[PDB]
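p38 MAP kinase in complex with BIRB 796.
Counting from 1, the numbers follow the sequence of the chain as shown. Recorded method for this deposit: X-ray crystallography, 2.8 Å. Each ligand, and each atom within it, is numbered from 1 in the order the structure gives. These values consider heavy atoms only, across backbone and side chains, with no hydrogens, waters or symmetry-generated copies.
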Amino acid sequence: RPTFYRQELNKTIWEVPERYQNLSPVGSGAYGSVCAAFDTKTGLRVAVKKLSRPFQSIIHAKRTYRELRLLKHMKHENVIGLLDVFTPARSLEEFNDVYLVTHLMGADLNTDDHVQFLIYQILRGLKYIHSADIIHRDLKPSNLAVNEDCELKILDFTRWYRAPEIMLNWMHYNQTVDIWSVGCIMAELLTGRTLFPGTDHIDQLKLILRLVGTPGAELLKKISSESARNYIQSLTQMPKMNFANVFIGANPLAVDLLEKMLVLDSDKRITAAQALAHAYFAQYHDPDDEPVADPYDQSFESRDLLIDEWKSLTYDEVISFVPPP
Ligand SMILES: Cc1ccc(-n2nc(C(C)(C)C)cc2NC(=O)Nc2ccc(OCCN3CCOCC3)c3ccccc23)cc1
């Protein structure tokens, strides 16, 4: 048990071990608040997350446990991972706050070579997480860490990048909702503008159908919601657009990979595994270093336990954490 020192950053207090210095507020909000700091034990700059009120409700305590256990299983280059994780209390009774650490990467994702490297790393990071049965569901430029080397990591701190089959609100889509999010990002990189800046769910939907055109008899026969079907079918029939003319001036392999990422039928959208195998990442693909992730247990997701129960479980995770080599 190292020396823990206290300090009031923003409207918040911070009680972290001596080894972390130059605590510089970087961001706060709906999650906890992050501070950039320097790790004298390893010489590296880090990002430290102080989870808000870890266990103020059952949703807070469950969510807490869910972040810790994920990041504790996440070990990939193109995916945020756990350097350290600590707290100032000894014994479960005193356990009140949790802090997380990671490689300070600087800047958020917010040149055909640059969109080539950049996007390749997202799909590489996605295939991995997805291979563990995890779906980001919140993929957007602000959730993509990138250093000056253009090296990019995925994390999770709009509707604009959300998949169609979840604007209407589906109860069980697939992992490719993430692939749609990528296609939206790749389009922003190449053009500079937000593909679908819908002002509302319904608006956003109009926007999306304008480019991709409205559903076919095959897709339509795949929606249970009369409401959802009634909303879509109730929109003026629209011809899908000529992506070529939409993204004129871009490498036609990038245009072609897009056509495969922005398909309304999640059942016919390209997966990450498959995306990496596109000709657009020929200069970067290598099937021998696009790893998958060990098996991830999220059966806990299904249960409803007491806050103290969720709390103990997390206490446990903390103390059983082993730092990377
Ligand atoms: C409940 C919950 C469960 C899971 C998540 N979740 N899911 C993912 C995956 C899917 C991408 C693996 C990632 C996360 N969690 C995070 O992305 N958490 C974080 C966000 C931003 C951070 O630092 C921001 C500062 N930024 C980082 C890089 O350096 C520059 C600044 C963090 C710093 C230290 C520890 C966690 C951080 C989130 C919440």
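Within chain A, the UniProt active-site residue with the least non-hydrogen distance to BIRB 796, rounded to 1 Å, is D156, 3 Å.
Organism for chain A, as given in the entry: Homo sapiens. Among UniProt domains of chain A, the one with most residues near BIRB 796 is Protein kinase. Binding site of BIRB 796 at 4.0 Å, heavy atoms: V34, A47, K49, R63, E67, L70, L71, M74, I80, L100, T102, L104, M105, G106, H136, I154, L155, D156, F157.
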